[PDB]
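Right, one structure below, let's go through it.
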Amino acid sequence: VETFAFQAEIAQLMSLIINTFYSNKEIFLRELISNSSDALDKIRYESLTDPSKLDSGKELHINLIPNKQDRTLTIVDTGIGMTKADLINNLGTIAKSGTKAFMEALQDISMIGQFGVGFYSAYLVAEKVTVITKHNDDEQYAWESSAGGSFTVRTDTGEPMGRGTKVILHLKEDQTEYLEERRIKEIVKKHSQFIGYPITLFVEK
Amino acid sequence: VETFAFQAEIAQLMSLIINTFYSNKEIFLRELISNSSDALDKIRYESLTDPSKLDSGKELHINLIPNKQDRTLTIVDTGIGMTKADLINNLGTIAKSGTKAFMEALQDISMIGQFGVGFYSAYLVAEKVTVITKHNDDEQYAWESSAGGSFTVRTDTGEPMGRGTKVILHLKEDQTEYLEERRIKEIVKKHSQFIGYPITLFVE
Ligand SMILES: CC[C@@H](C)Nc1cc(C(=O)N[C@@H]2C[C@H]3CC[C@@H](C2)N3c2ccc(C(=O)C3CC3)cn2)c(C)cc1C(N)=O
Ligand SMILES: CC[C@@H](C)Nc1cc(C(=O)N[C@H]2C[C@H]3CC[C@@H](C2)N3c2ccc(C(=O)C3CC3)cn2)c(C)cc1C(N)=O
């Protein structure tokens, strides 16, 4: 288990997201699904020149898995995944000028996605976020942060995932509506209706 | 014809795009198709609760029309379109904060789209851009700029388009590769392959 400091502007953005009231919190689900769709585009693109890219799983889909008992909402996709370097250095698409431009714009939250930092909208609803991921060129890894300016990365020893990413939202006690089948369906319908991959809700036992 | 000053940061971005060398200029086509797709999503959504939104045209598609004779590449869609207010005031999504700071990311051009200003990438390859558009709530208008700090807006009493937008790129003389059928196919394949509306390339 290695522990890292957030890039300064990411820490600032995270505090802003957590410590300020925003009405329109449902957009977190749109942003996560958007990222999953972009990850699916990426592996599909690679698979057109080299079909062996799909040895790790041919299916291209997004699954939403609410769990009232654990107070978790999980977004799973079979996209390209992230390597250890991605998890430690951050993605190329998250640049500090974009992070800065968004925060300036803040002072609607929904504009977050435009600037490449949509993932951090998860902290509108989640007290902790766990990201389990597997990229064809690397091993399976877990990234986790409860904000407060640090995050962790470790090799993952849980269930193998083949290829793709699970983001596990450990929800805030006042944000449990997002575990409700009805609410989830309404949000997907409003914001993610024309995404070009199946989105399937796994109804809880 | 009314002539309008560009917002100051928009003028600066435009001068920058025109007056700086960039290698990977082909991404302009990715940005335009992305906007057309976003505009298609918008009218589609509206039509779900009001079917009459499609009385101006049921088809939801994107057309690419190269014209070697006129040296123009036109990107046409049947998306939601833009009102006169949109054309004069700009879109609410193009914000000083994103414009001022995309320049900061530059100080690759390809991340322009992030910052909400993907359209202006048209000026990597075009000396003039004409935008003809029709929204359900307004008349048909033409916006046009050759840069130099201004744009014009006029009623378009030309060809009725029903609903949607045409972006006509009047290409610089050293940028004519973007009228070649095979170059356009390759750009679509690399960047826009999984857009969720038909993209039709119309032989001249
Ligand atoms: C595959 C790429 C993309 C198309 N999709 C996704 C993108 C993301 C996403 O934003 N991850 C990251 C990288 C990691 C995991 C969450 C957050 C942002 N992290 C980090 C990592 C590091 C830092 C730092 O300050 C380092 C000091 C510099 C900050 N933050 C996610 C989570 C999923 C998908 C998807 N479902 O596939
Ligand atoms: C429907 C909106 C979006 C989803 N799609 C599109 C967006 C655009 C686009 O960016 N247009 C604008 C508004 C007009 C036309 C081009 C440029 C950017 N203009 C202006 C207008 C004004 C200003 C100013 O400085 C004013 C002083 C404040 C600057 N620039 C386009 C072109 C097409 C689509 C699409 N195919 O539908």
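Chains get letters A, B, ... in whatever order the sequence lines come in. What you see of chain A is 17-123, 127-224, where the numbers are those given in the PDB entry. All residue numbers given for chain B refer to the PDB entry; the residues shown span 17-123, 127-223 in order. We use all heavy atoms of the structure for the numbers below, so side chains are in, but hydrogens, waters and symmetry mates are not. Counting convention: from 1, in listed order, for ligands and their atoms alike.
Looking at ligand 1, one finds the drug XL888. Contact analysis gives the chain with most pairs under 4.5 Å to XL888 (ligand 1) as the one the PDB entry calls heat shock protein HSP 90-alpha. Other chains with a heavy-atom distance under 4.0 Å to XL888 (ligand 1) are given as A. The closest approach between A:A21 and XL888 (ligand 1) falls below 4.0 Å for a heavy atom of the residue. In terms of polar-atom proximity, defined here as any N/O pair under 3.5 Å, A:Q23 does make such a contact with XL888 (ligand 1). At the shortest separation from atom 36 (N) of XL888 (ligand 1) among protein heavy atoms lies A:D93 OD2, 2.8 Å.
Using a 4.0 Å heavy-atom cutoff, A:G95 is absent from the residues neighbouring XL888 (ligand 1). Using a 4.0 Å heavy-atom cut-off, the binding site of XL888 (ligand 1) is formed by A:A21, A:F22, A:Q23, A:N51, A:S52, A:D54, A:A55, A:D93, A:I96, A:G97, A:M98, A:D102, A:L103, A:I104, A:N105, A:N106, A:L107, A:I110, A:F138, A:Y139, A:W162, A:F170, A:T184.
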